[PDB]
Amino acid sequence: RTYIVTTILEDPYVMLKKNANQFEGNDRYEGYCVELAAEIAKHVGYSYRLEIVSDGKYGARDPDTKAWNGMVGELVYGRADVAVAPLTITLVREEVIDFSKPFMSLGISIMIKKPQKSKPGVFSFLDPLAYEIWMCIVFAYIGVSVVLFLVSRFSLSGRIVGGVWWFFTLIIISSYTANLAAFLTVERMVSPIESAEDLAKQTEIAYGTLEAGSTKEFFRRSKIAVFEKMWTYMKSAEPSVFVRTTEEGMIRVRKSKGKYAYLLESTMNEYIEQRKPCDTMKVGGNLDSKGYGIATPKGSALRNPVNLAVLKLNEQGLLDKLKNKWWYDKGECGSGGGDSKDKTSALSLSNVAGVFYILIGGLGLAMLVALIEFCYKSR
Amino acid sequence: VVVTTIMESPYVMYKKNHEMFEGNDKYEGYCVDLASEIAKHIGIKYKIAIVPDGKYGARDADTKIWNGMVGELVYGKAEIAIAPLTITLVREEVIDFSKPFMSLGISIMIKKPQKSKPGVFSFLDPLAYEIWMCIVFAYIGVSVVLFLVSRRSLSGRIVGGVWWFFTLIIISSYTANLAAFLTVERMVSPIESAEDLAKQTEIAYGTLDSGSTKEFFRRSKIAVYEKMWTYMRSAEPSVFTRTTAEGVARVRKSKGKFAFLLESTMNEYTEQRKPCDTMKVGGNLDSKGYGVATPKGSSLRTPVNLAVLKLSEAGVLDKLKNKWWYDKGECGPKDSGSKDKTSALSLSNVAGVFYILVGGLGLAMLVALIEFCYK
Amino acid sequence: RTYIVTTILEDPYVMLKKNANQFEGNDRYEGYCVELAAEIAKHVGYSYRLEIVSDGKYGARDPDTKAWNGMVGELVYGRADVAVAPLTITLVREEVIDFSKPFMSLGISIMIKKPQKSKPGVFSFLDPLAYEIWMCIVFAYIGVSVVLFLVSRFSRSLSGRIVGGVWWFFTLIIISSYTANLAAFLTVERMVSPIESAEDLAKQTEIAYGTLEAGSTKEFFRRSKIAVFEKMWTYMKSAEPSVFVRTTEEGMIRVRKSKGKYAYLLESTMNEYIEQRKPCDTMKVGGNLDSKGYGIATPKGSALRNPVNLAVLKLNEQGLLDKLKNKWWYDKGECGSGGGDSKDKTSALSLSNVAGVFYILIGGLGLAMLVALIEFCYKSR
Amino acid sequence: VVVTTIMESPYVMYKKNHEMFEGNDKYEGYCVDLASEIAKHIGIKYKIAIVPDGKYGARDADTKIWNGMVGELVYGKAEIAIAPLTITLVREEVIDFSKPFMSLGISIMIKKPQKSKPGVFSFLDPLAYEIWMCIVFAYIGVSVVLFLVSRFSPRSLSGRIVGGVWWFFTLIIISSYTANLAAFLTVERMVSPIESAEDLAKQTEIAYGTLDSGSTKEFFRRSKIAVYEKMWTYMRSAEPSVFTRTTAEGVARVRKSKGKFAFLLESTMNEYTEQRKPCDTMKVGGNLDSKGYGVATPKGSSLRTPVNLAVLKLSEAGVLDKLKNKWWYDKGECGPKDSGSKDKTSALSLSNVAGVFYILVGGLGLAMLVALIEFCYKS
Amino acid sequence: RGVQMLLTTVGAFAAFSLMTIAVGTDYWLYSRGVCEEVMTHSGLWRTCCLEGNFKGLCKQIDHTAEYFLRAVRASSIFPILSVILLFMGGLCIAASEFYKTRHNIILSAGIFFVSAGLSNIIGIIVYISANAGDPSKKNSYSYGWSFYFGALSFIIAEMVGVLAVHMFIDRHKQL
Amino acid sequence: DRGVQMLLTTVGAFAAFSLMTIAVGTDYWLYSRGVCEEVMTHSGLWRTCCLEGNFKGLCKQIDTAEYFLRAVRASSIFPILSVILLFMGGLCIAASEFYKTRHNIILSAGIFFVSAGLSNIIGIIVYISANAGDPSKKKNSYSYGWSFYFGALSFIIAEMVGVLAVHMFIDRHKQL
Ligand SMILES: O=c1[nH]c2cc(C(F)(F)F)c(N3CCOCC3)cc2n(CP(=O)(O)O)c1=O
Ligand SMILES: O=c1[nH]c2cc(C(F)(F)F)c(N3CCOCC3)cc2n(CP(=O)(O)O)c1=O
Ligand SMILES: O=c1[nH]c2cc(C(F)(F)F)c(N3CCOCC3)cc2n(CP(=O)(O)O)c1=O
Ligand SMILES: O=c1[nH]c2cc(C(F)(F)F)c(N3CCOCC3)cc2n(CP(=O)(O)O)c1=O
């Protein structure tokens with residue numbers, strides 16, 4: 001006999017094929033879930049037919065006024081055989097149907113925009129001061145030069161002018177050194193965001209999640225002290241969650257210039273790490289431990305072979321290979337497919353380039369006015 | 001049972017949804033939640049009522065009638081006073097009070113201490129005056145010993161080396177101190193930080209026209225509050241404020257301004273209000289308390305006393321105060337300090353050396369002119 | 001008729017007079033509570049004869065034996081009407097007797113050992129570059145001097161220019177190192193802040209703190225539900241050293257022995273008294289953790305319940321309580337007579353730590369003038 | 001009801017030395033408290049078995065006799081077994097398994113370095129590298145242009161301009177150097193030379209050793225991903241006997257020496273050693289694999305479903321993370337002092353300043369050699 | 001010879017014209033003040049709004065050691081003495097080019113030029129200190145080239161002063 | 001002051017030889033506390049031996065940009081260079097005292113004096129950099145022995161005999 005499987009149209013798992021109608025049938029979708037289904041069908045041995053759920057939603061086992069939705073409802077209604085799909089393990093789903101094995105670990109990630117600061121040229125030279133300060137320093141240079149010239153041509157006024165100029169440049173150099181040291185050690189002592197206690201301690205970047213779902217249930221039923229503090233901080237909702245769906249929150253975080261954060265699943269973050277343009281990274285560890293599974297009927301003969309095959313594939317490592325190739329080969333990013341940036345501190349000819357440029361410009365002006373002097377000697 | 005409550009900003013708010021329900025759950029804050037907590041602790045059917053007098057209750061001592069919540073309690077129109085009220089000797093033989101659940105006293109609040117922006121003192125901030133005219137003494141000593149040895153040699157090399165090393169240590173210490181000052185940008189609290197440090201300072205202080213503060217300041221025998229009273233009386237007539245709104249408008253204008261001398265309730269309320277600019281408490285003075293009231297011959301006095309005492313000891317009013325006074329705030333920078341952008345140095349922090357250099361050049365050209373004139 | 005009052009002497013209330021037994025008994029008692037008792041006896045009018053407590057305790061609930069002790073135990077079991085000795089307020093004390101008013105506001109205070117500022121002399125001058133490299137630069141200077149002398153006498157020259165340049169590079173690099181190091185010391189000594197409140201104490205870990213077992217502070221901390229106090233209790237539970245102490249005196253002498261990192265969290269009055277004690281080894285910071293209070297104790301149905309209430313309210317309103325507190329807590333204190341002895345907080349390099357360069361400057365000019373005199377007298381020979 | 005657990009694990013311990021709360025409620029730790037928590041839910045009779053066998057559980061091919069907790073389960077002496085079982089195939093075809101309550105994965109181990117005291121590299125560490133000979137090239141340029149200016153037409157304006165711009169150069173370069181060195185000394189940031197498993201395979205400078213025999217060694221020998229093939233080929237050329245016999249020997253060896261002899265172990269034991277008395281450990285994060293620890297029952301019975309629902313309902317409820325957090329982060333005193341300590345001033349010793357001393361002394365030496373040589377040969 | 005006399009004379013005349021167009025229109029500083037960050041052009045004695053609903057509505061403006069600096073900034077005695085000193089220097093050079101028999105007038109005029117540069121630098125530094133000494137709480141610090149041709153006046157005054165010194169040396173050598 | 005200066009130079013050379021022999025014969029190079037528990041030990045390059053403890057009598061010695069420094073510290077070429085250059089300078093001044101007709105020998109002797117100063121100063125700096133590099137821990141350290149003081153005395157007496165020899169070499173060549 002034949003068997004039917006169901007899958008929900010999702011970006012990290014199902015590809016909407018561009019050719020589409022010219023290749024219909026079993027070869028209509030490609031991706032992680034359908035390749036897993038093909039591998040486990042080759043392992044156990046049967047014929048599988050793909051199907052699409054009517055509502056297009058994950059569904060839940062909430063005890064509402066009947067009308068259960070999702071794969072769990074579609075399978076408890078009896079018109080299903082197996083259901084391979086991204087599904088979160090929960091007790092209400094476990095109460096009527098069991099799952100085989102957790103083949104993937106999920107956690108809660110934190111969204112941080114990519115910090116990129118291009119180093120300027122001559123602008124960075126004048127950065128640790130003011131423009132009117134440089135105007136005044138060149139004005140004072142002209143003033144001390146003309147006083148020295150007049151006291152040389154008139155003839156200890158020259159000595160006292162030299163002394164006050166030495167005192168003046170003494171203070172100028174000390175002040176500039178102090179200001180530059182202050183700026184660089186302020187830039188050094190920055191703290192990147194890791195885990196949750198840093199977020200609870202900074203109280204400067206807004207963080208939120210979806211209005212409902214597993215993350216909202218975890219936040220509402222939170223009991224970790226730092227997570228309880230974070231939940232109470234988010235309960236004020238002065239800027240609120242300000243989100244409607246996943247892509248809307250992603251757009252808001254990207255347009256917030258790093259001033260906003262979102263708490264979404266580690267699977268979604270790892271998928272969006274390379275598919276999206278490289279502006280967000282994963283930091284810290286998983287905030288919670290949860291897994292996935294494959295839905296099987298509680299009283300069917302296809303309960304043990306599916307578990308055995310999925311656990312064999314998990315132990316073999318071909319699942320890890322397929323996940324790695326699907327999540328790294330077809331990625332529009334170079335954060336993980338190429339070399340990263342090594343933090344070596346120090347400088348790399350970035351801010352001192354402009355003063356080198358004005359150095360060469362001053363030597364050029366000096367040698368051209370010396371050429372003018374030599375041509376005046378030619379006469 | 002019926003209870004009166006006066007409209008005040010730390011305690012009871014009108015709900016945003018005014019049309020949600022008229023009656024019990026129409027107000028939120030500290031006072032109504034405390035009333036609900038003691039009602040749940042004891043067990044009674046309670047409502048919410050508002051006194052139509054607008055006063056807190058003071059004996060006029062001429063017509064012999066009591067007003068406010070105490071007047072409503074005395075004249076047989078109320079039996080519970082959940083509205084906070086300070087305990088006073090005059091309002092004890094006419095109404096009986098419970099044990100105080102909140103401790104408050106006369107406190108100091110000052111305007112926002114910003115960064116200093118001087119013209120000459122900014123250059124004077126690193127090191128000190130003593131070191132600087134000791135530098136002057138060292139310089140004139142170097143000059144006189146150079147003139148002595150003048151009348152290539154070992155002595156000249158030695159004196160040049162030690163002078164170079166000396167000014168080297170001076171520049172290094174100066175640069176280190178200035179770098180530390182720019183790195184930390186640590187603010188220093190003003191002079192008004194204690195009772196006496198408020199006493200000898202020249203900053204003008206202001207208060208309300210009448211109230212607990214004026215009543216306490218009418219009679220004194222401490223010989224420091226006497227000095228404060230003489231300072232207040234000899235100052236400008238703008239010290240007295242008819243309303244605290246005019247006073248806060250005055251104190252937000254000037255850096256020194258007319259600083260308040262009031263109880264800590266409005267201090268801790270306004271340190272975390274919408275304009276988070278002043279969050280200063282300084283020290284504490286005097287001692288007061290807030291408690292509920294009960295008329296005589298009523299058996300619920302002992303029950304409400306035990307209820308409020310148990311609630312204070314196991315701890316539920318401290319939770320309410322922390323939730324609705326510190327957690328409930330428009331800004332988070334008051335509870336935990338933050339940093340600020342260092343930004344550019346501008347010129348006002350370095351304007352001192354410019355004037356000194358240009359004046360030195362000017363005096364050099366005058367003394368050159370005098371040298372030409374006398375020769 | 002006559003009346004008796006039960007008081008307990010711990011500190012500094014029922015301290016005995018200087019002449020001890022030379023007085024007549026009751027008339028030899030100085031302190032806060034005895035003066036308050038005399039005043040409130042003068043307000044309404046009754047005999048203020050002093051009694052002696054039996055066991056010296058303050059009283060505690062013992063539901064297992066259904067007994068009582070202390071001043072409250074003496075008052076509940078007859079033969080007592082007024083307990084002048086101040087005591088804390090618990091639920092059982094209000095259940096068995098009644099208090100009128102709290103005559104003072106007080107709570108739990110967090111303390112720290114007072115640091116001492118001792119600026120050294122010439123030692124701080126060579127401090128920011130260890131010890132040996134000052135020696136190294138001294139012989140480096142005489143080495144560059146001997147090289148310069150030999151190249152000047154043995155020979156403008158190219159060999160002199162490179163020596164001058166490398167000496168210049170040496171001076172600028174080592175003085176940049178000295179400036180960076182001194183900025184490091186100043187910054188590190190500057191951004192640190194003294195402890196304050198309870199939450200800043202909660203993030204701090206190496207400072208440590210602990211309280212006595214036989215006290216209401218431990219019961220308050222164990223029964224607290226505040227998340228900050230929850231963290232307090234959870235860290236206090238994981239105590240590997242002997243953090244707990246039995247009595248106050250042993251804990252305080254242990255604190256004075258270390259005086260680098262501890263906090264005991266005792267009651268406000270005792271901490272203020274220690275602040276006014278001749279050791280002068282602590283500073284008080286922060287505010288009251290809780291809102292505990294004192295009060296006077298009277299039996300039920302007595303005729304001296306309402307007059308004592310009006311009397312204590314009269315003392316609260318008149319400010320004579322503050323007068324007695326100032327007199328017996330600041331005037332009699334032998335330490336900290338001038339509390340504002342250090343309040344300028346002038347945080348800058350003064351003459352007390354940079355004077356080493358001045359001393360070596362004066363020494364160098366002294367040697368310079370002696371060798372100049374030696375050259376002059378050699379010429380005069 | 002008899003429940004069994006292993007004693008040679010960092011999850012159970014003996015209270016004090018002897019006669020400390022004798023009975024069933026004698027041992028304390030994560031495993032026994034988790035067993036009590038899952039017993040209090042369904043209502044099973046808690047007990048202690050702790051029978052040892054010298055091994056955690058295995059199946060020899062020639063003997064065909066199972067051992068350990070699984071060996072006790074298959075032949076039958078208990079019905080509930082809570083113990084740290086890595087669920088795999090060969091134990092799955094014999095007895096069932098429940099949903100794991102925690103994640104797993106092999107994580108690399110490196111001893112955390114304290115500081116670095118180099119020689120010439122300490123001198124060259126601040127600023128940059130190419131800046132130094134950029135100044136020496138600029139100095140050569142100023143010298144040659146000054147000499148040609150003097151030779152063409154011997155001070156004047158050109159000398160004043162070139163002297164002023166050279167003075168500006170020396171002040172700006174010393175100000176930048178002083179600012180950088182001050183920012184280095186005030187606060188420091190630690191990143192470690194190791195960052196990831198791919199970088200671990202790429203660096204090829206630190207010795208790696210998994211174990212003499214175990215799950216890690218079996219996974220390494222049976223791996224399939226090319227980076228793990230590179231790691232295995234590195235393991236083939238293992239000269240200094242990196243085949244660690246015991247886990248205690250490996251951590252004892254990596255504690256003494258940090259330059260080499262890195263250890264490979266699971267995340268649980270690594271995080272346990274993170275909070276131990278030497279207090280000197282470091283991990284980079286990221287799990288190479290994904291396993292878990294779960295309970296097992298002899299075949300299927302009524303206790304299977306009860307314990308599965310009990311451990312799952314404990315997994316969504318915040319109590320298992322409670323136990324994990326409180327145990328692992330409260331019996332370890334090293335991690336209480338989070339981040340770092342700013343009370344480490346010290347001073348500039350000789351080792352990081354002596355490089356310029358060597359440069360100065362060599363410069364004066366070669367200067368007087370070349371001076372005597374040129375005076376002896378030119379004349 | 002006389003070519004440098006013509007050069008310094010036309011330089012002084014250009015200095016006077018540049019001075020009077022400096023002390024003429026009030027187009028000194030551009031700031032995002034309030035007539036809301038509305039753009040107004042501020043000078044010395046008067047400030048009006050170049051765009052907004054208040055077009056055509058122009059209003060007057062004003063402003064131990066700090067008291068002296070703010071009094072100097074409000075009174076603006078430094079530009080007054082600068083322009084008086086420059087006018088006296090111009091009259092002296094006019095007398096010098098008219099009366100050839102006078103000797104010390106060239107040195108005097110050089111002194112007036114150097115002190116005019118002195119007055120210019122003290123005036124500009126006190127102006128920057130005055131208008132940057134009130135930071136209050138973006139593009140507030142904008143310049144409309146006014147200080148640029150103030151710098152031009154400074155450098156041309158310095159040039160004519162050093163030329164006057166050089167020709168005093170020349171005419172003393174010719175004596 | 002010419003013959004007395006000859007006497008001063010030869011006495012300084014003999015004192016330099018005596019200080020070199022004392023330095024190479026020194027057993028208490030540095031007062032370092034440790035284990036033979038932290039107790040005071042007399043650190044020695046040839047024999048690092050203890051004075052207090054139950055193990056007195058038996059004792060054993062201590063042992064790109066880092067290999068060379070460690071190698072030259074272990075081989076201890078600095079005392080060898082110091083004694084070789086000092087002996088060469090002393091032989092040169094002794095020969096100059098013997099036969100006076102040559103004048104380049106005293107300039108040469110000044111050259112060996114300044115190169116011996118070079119050698120012992122680089123030996124001092126390499127030894128301090130070698131023994132100061134112990135970042136593993138030791139609350140109390142340093143407290144250097146008198147060997148460093150004797151080496152400093154040798155360095156200063158070498159530089160003063162060098163400058164005196166060069167100065168009067170130029171002199172005696174001038175009046176020649
Ligand atoms: O079984 C479930 N499996 C789920 C699997 C995923 C994911 F893997 F990411 F696709 C998500 N995503 C969460 C992030 O935004 C996109 C959807 C939600 C799931 N939900 C609903 P929750 O309760 O909101 O987690 C379930 O119920
Ligand atoms: O018990 C008392 N508690 C009081 C508590 C407060 C407040 F701080 F707001 F909570 C005030 N505010 C003083 C400032 O203006 C607004 C009302 C008055 C109180 N009064 C009357 P007072 O005599 O004017 O102090 C009492 O009697
Ligand atoms: O009524 C009470 N009044 C108390 C008054 C004081 C004091 F501060 F000395 F006035 C103290 N001290 C606290 C500091 O250590 C020494 C004893 C304890 C009191 N206790 C016991 P606790 O509060 O359970 O420790 C009471 O019960
Ligand atoms: O059931 C099992 N549970 C196990 C649990 C653990 C851990 F939790 F980490 F303590 C370990 N650690 C492996 C690393 O060294 C320390 C011990 C081994 C286990 N093994 C043997 P494996 O075959 O080597 O995994 C089992 O059989």
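Order of the sequence lines sets the chain letters (A, B, ...), proteins ahead of strands, with each chain counted from 1. For ligands, and for the atoms within them, numbers begin at 1 and follow the listed sequence. Hydrogens, waters and symmetry mates play no part in the numbers below; they use all other heavy atoms, side chains included.
The drug placed at ligand 1 in this model is ZK200775. Contact analysis gives the chain with most pairs under 4.5 Å to ZK200775 (ligand 1) as the one UniProt calls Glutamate receptor 1. The heavy-atom neighbours of ZK200775 (ligand 1) at a 4.0 Å cut-off, by chain: A. According to the deposit, the organism of chain A is Rattus norvegicus. Counting UniProt's transmembrane segments of chain A from the N terminus, heavy atoms under 4.0 Å from ZK200775 (ligand 1) lie in no segment at all.
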